[PDB]
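Aztreonam (open form) bound to Beta-lactamase.
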Amino acid sequence: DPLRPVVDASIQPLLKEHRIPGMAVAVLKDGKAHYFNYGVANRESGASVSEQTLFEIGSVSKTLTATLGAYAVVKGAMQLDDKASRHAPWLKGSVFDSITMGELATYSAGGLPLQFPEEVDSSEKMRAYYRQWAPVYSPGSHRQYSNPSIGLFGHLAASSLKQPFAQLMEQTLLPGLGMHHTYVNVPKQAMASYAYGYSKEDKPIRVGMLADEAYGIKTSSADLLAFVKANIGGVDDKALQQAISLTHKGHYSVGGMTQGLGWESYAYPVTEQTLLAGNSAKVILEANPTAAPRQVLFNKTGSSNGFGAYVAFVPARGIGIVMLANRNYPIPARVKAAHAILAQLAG
Ligand SMILES: *C(=O)[C@@H](NC(=O)/C(=N\OC(C)(C)C(=O)O)c1csc(N)n1)[C@H](C)NS(=O)(=O)O
Ligand SMILES: [Zn+2]
Ligand SMILES: [Zn+2]
Ligand SMILES: [Zn+2]
Ligand SMILES: [Zn+2]
Ligand SMILES: [Zn+2]
Ligand SMILES: [Zn+2]
Ligand SMILES: [Zn+2]
């Protein structure tokens, strides 16, 4: 593979510097998938990573949850300007009478936090959490990246479709996308392909309320590259195609980043500096005011304990990259390596 030297030059230094036990890398160019696999999925078994190895992709899950939401819209079960409580009777009477589904999807409802408080560990406590929640900002005015925000959006999207979220994903959406080894619940027969994550102390670890919706997907580099392909070349089902397209529309911007449903987008070519800034601690951790929206590059980061994932692609150039590791290594390292590889593929 004549792309191997290019990918190795950017990936190998990451593996050494951060002692990454294993990484699956997949690249798309000119309609062809290329797989580059490094190290081990499981340090006990010493089993090699392949493009069929399942990794936790953490917040990259939000691109798939967004696509379910968009599918619900395409099917007429909901609209992004619906008030949230329209799809949750238990939210009637709360501030969610005046927050929209799109605002939940784009983390712009008014300062829902990054994580549920640790005490919110059941269905009953979660419902009380949202019912008592007091907005910090007016709806639409600030982005605060939030699991409770998009988690709720996904949860209500499934409810709009009258099916549990895990079932819709595993039985309809993901196989519709060509993703047959992508799970919220990894089945018995897939367990032997399931990587372990490795904490900073080299302890093996595996994955909360609305975990499924916000960060719970297990998938392979092959499946994730198929999702990238679907975001470039498209898919057979008309409803799913339109769903995917809705996830590309920009809602608002924060600096040079434009927020859509799940995917975050940039004018391409994109400087390393612009891509680093939109994926910076400032953008991830603080509230930022929303501004008017923007070739286009789409990306999403994901970081669970013991896992670090990144996906980026450019439909106008037919290029894309997936990087899945079982170490949570820094986002800037992911962004830099991806940017370098895509620049070489773009020619
Ligand atoms: C998405 O991956 C999201 N990550 C999380 O919600 C989790 N942890 O976040 C950090 C490490 C900040 C924390 O400890 O609070 C998480 C999910 S399952 C699990 N065990 N941890 C992050 C914030 N998104 S990303 O874009 O920064 O990667
Ligand atoms: Zn490190
Ligand atoms: Zn209840
Ligand atoms: Zn529910
Ligand atoms: Zn520690
Ligand atoms: Zn057809
Ligand atoms: Zn919007
Ligand atoms: Zn402000």
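Residues displayed in chain A correspond, in order, to the PDB entry positions 7-213, 216-302, 307-359. Basis for what follows: all heavy atoms, side chains included, without hydrogens, waters or symmetry-related copies. Method on record in the header is X-ray crystallography, 1.9 Å. Read the numbers this way: they start at 1 and go in the same order the structure lists the ligands and their atoms.
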Check your understanding: Where do all copies of aztreonam (open form) show up in the model?
Key -> ligand 1
Practice item. Name the residues that contact aztreonam (open form) at heavy-atom distances below 4.0 Å. Key: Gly64, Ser65, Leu120, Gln121, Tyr151, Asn153, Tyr223, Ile292, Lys312, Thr313, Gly314, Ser315, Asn317, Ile343
Review point. What's the shortest distance from atom 2 (O) of aztreonam (open form) to any protein heavy atom, and which residue and atom give it?
Key: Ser65 OG, 2.4 Å
Practice item. Specify the protein heavy atom at minimum distance from atom 4 (N) of aztreonam (open form): its residue, its atom name, and the distance to 0.1 Å. Key: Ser315 O, 3.2 Å
Check your understanding: Atoms of aztreonam (open form) less than 4.0 Å from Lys312 heavy atoms?
Key -> 26 (O)
Practice item. Identify the protein heavy atom lying closest to atom 9 (O) of aztreonam (open form), giving its residue, its atom name and the separation to 0.1 Å. Key: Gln121 NE2, 3.6 Å
Exercise for review: Please specify which residue and atom carry a covalent bond to aztreonam (open form).
Suggested key: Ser65 OG
Point to revise | Per-atom contacts, aztreonam (open form) versus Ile292 - under 4.0 Å to a heavy atom | key: 27 (O)
Review point. Right, does atom 28 (O) of aztreonam (open form) have protein non-hydrogen atoms nearer than 4.0 Å?
Key: yes
